[PDB]
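The first sequence line is chain A, the next is chain B, and the lettering continues from there. Since chain A takes its numbers from the PDB entry, the residues it shows come out as 10-124. Just so it is clear, chain B uses the PDB entry numbers, and the residues here are 10-125, in order. By the numbers in the PDB entry, the shown part of chain C spans 10-125. Numbers in chain D track the PDB entry; the residues on display, in order, are 10-124. Remember, it's 1-based here, ligands and their atoms both numbered in the order they're listed.
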Amino acid sequence: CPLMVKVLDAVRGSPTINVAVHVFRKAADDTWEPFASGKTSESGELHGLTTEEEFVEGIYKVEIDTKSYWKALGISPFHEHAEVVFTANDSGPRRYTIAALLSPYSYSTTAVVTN
Amino acid sequence: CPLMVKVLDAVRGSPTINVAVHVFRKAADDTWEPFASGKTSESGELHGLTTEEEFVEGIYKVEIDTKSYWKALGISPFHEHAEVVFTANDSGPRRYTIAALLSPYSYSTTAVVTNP
Amino acid sequence: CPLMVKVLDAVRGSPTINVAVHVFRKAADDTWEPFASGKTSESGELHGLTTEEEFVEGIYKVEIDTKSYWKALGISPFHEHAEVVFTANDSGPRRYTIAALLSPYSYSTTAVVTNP
Amino acid sequence: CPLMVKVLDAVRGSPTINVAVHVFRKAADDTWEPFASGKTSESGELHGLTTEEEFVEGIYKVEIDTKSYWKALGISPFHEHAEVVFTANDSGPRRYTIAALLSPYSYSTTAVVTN
Ligand SMILES: O=C(O)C1(c2ccc(-c3ccc(Cl)c(Cl)c3)c(F)c2)CC1
Ligand SMILES: O=C(O)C1(c2ccc(-c3ccc(Cl)c(Cl)c3)c(F)c2)CC1
């Protein structure tokens, strides 16, 4: 599993459950081509987005649909989504975890990159 | 000054100086149209981006050129840039500060929305 | 003004107003001695805590009374308070801003150390 | 495992390995009594600090020795440590994960509290 996303809720002190995540890859014409999508589980994790064969070098965008998450809890948040844009696999295959912590008017994101 | 950006460096504990910031507005066709841009000052702030008359309700994207900032420091960064996408509304408190705290593999951002 | 504190609310997107902040200095016996205190202003800032003559090198603790802030908003918080413990040195850039961003179950803090 | 600590490094994009963690519990005289301690593993996690029987109600302080971590990597950081102080188990036993993200001049911490 070369690309995983884990999301926490800073208001309730819990995993962020059932947040939609869309991954895009920049094409030659510089548009964002849809690459993979899914929803976080009860543990706040999203596994199984892609495979090592499919996850080639490129510039990827991970979009976390935070507005839908807050609106479904009856909260009006500030951001449309949380986005993370990065070059991947440019020195060979790596494994990426995108971690995020969400508040209605704020988010933090970090990356854990292994072997 | 309805929209301001402030950027901090979590590695050096300093304002983020001379970093390019681009603001875009989402058009009817759903593309991002350039709206305003600048470079942060010695205090890490970018003022005077827009005016009240120009800053109408809609969806805006603030892009911070973090990759060039880290590279100028000889530091290898993770992100291509930091992006903040939000709706401006008139029922809200008028003045928007977008704040960001930068590390090579992480960033945090918050909005401070205040005042009459 | 060698030491300043600024506090932001990540739930409401606003400065954290009227929150108690206590500063302590570590004594020779290793206890924490009261040093300075105040409440944040309408802009979430606390200025005038100390002076250059009083703010000597040593270990300091800044305690932000976050629990009372959230309770006043009717919100159940996790932390008893937020604490920031650091050494002040004279080889460093003189002015210290302690910044904190608050959520009910989380806080982030950074230091901005600048200027002659 | 009712109390766990997980720490990430925002500079290197990796788990924070071998950071010391000390837990204290406030005594009746309001002093901080040592309660448990350990070091994070290669995954950045610290398990096995306490048991459900020992982890009674009280005010606990989790101190993450971030200065020793940065100094061992040849970096001079700002903070002495990162501290998290909270009341635990006041509505019955819960499981607590204290998560932290570290930079030389900054840290963030969040809590995940379950059942
Ligand atoms: O004038 C402001 O808004 C300042 C400020 C800017 C940013 C923050 C800040 C603090 C913590 C985080 Cl995680 C983030 Cl994203 C931003 C902060 F606490 C203060 C003090 C410089
Ligand atoms: O298994 C993980 O990776 C977990 C985790 C997820 C997120 C973080 C985290 C903690 C703080 C910040 Cl600011 C950010 Cl962006 C992420 C954290 F410290 C830990 C513990 C749930």
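Between AT7519, TAS-103, CHF5074, the one at ligand 1 is CHF5074.
The chief contact partner of CHF5074 (ligand 1) in this model is named by UniProt as Transthyretin.
Heavy-atom contacts below 4.0 Å between CHF5074 (ligand 1) and other chains occur for B, C.
Considering each of B/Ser52, B/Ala108, A/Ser117, the one bringing a non-hydrogen atom nearest atom 7 (C) of CHF5074 (ligand 1) is B/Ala108. Under 4.0 Å from CHF5074 (ligand 1), the heavy atoms of B/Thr118 that appear belong solely to its backbone. Listed by atom number, the atoms of CHF5074 (ligand 1) under 4.0 Å from C/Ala109 heavy atoms are 18 (F). The entry's source annotation for chain C reads Homo sapiens. Given atom 11 (C) of CHF5074 (ligand 1), the protein heavy atom at minimum distance is C/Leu110 CB, 3.5 Å. For atom 1 (O) of CHF5074 (ligand 1), the nearest non-hydrogen atom of the protein is C/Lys15 NZ, 3.5 Å.
In chain C, UniProt L-thyroxine-binding residues less than 4.0 Å from CHF5074 (ligand 1) by heavy-atom distance: C/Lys15, C/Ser117. Within the 4.0 Å heavy-atom shell around CHF5074 (ligand 1) one finds C/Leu17. Within 4.0 Å of CHF5074 (ligand 1), judged by non-hydrogen atoms, the site holds B/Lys15, B/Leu17, B/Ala108, B/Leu110, B/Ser117, B/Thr118, B/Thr119, C/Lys15, C/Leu17, C/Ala108, C/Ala109, C/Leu110, C/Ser117.
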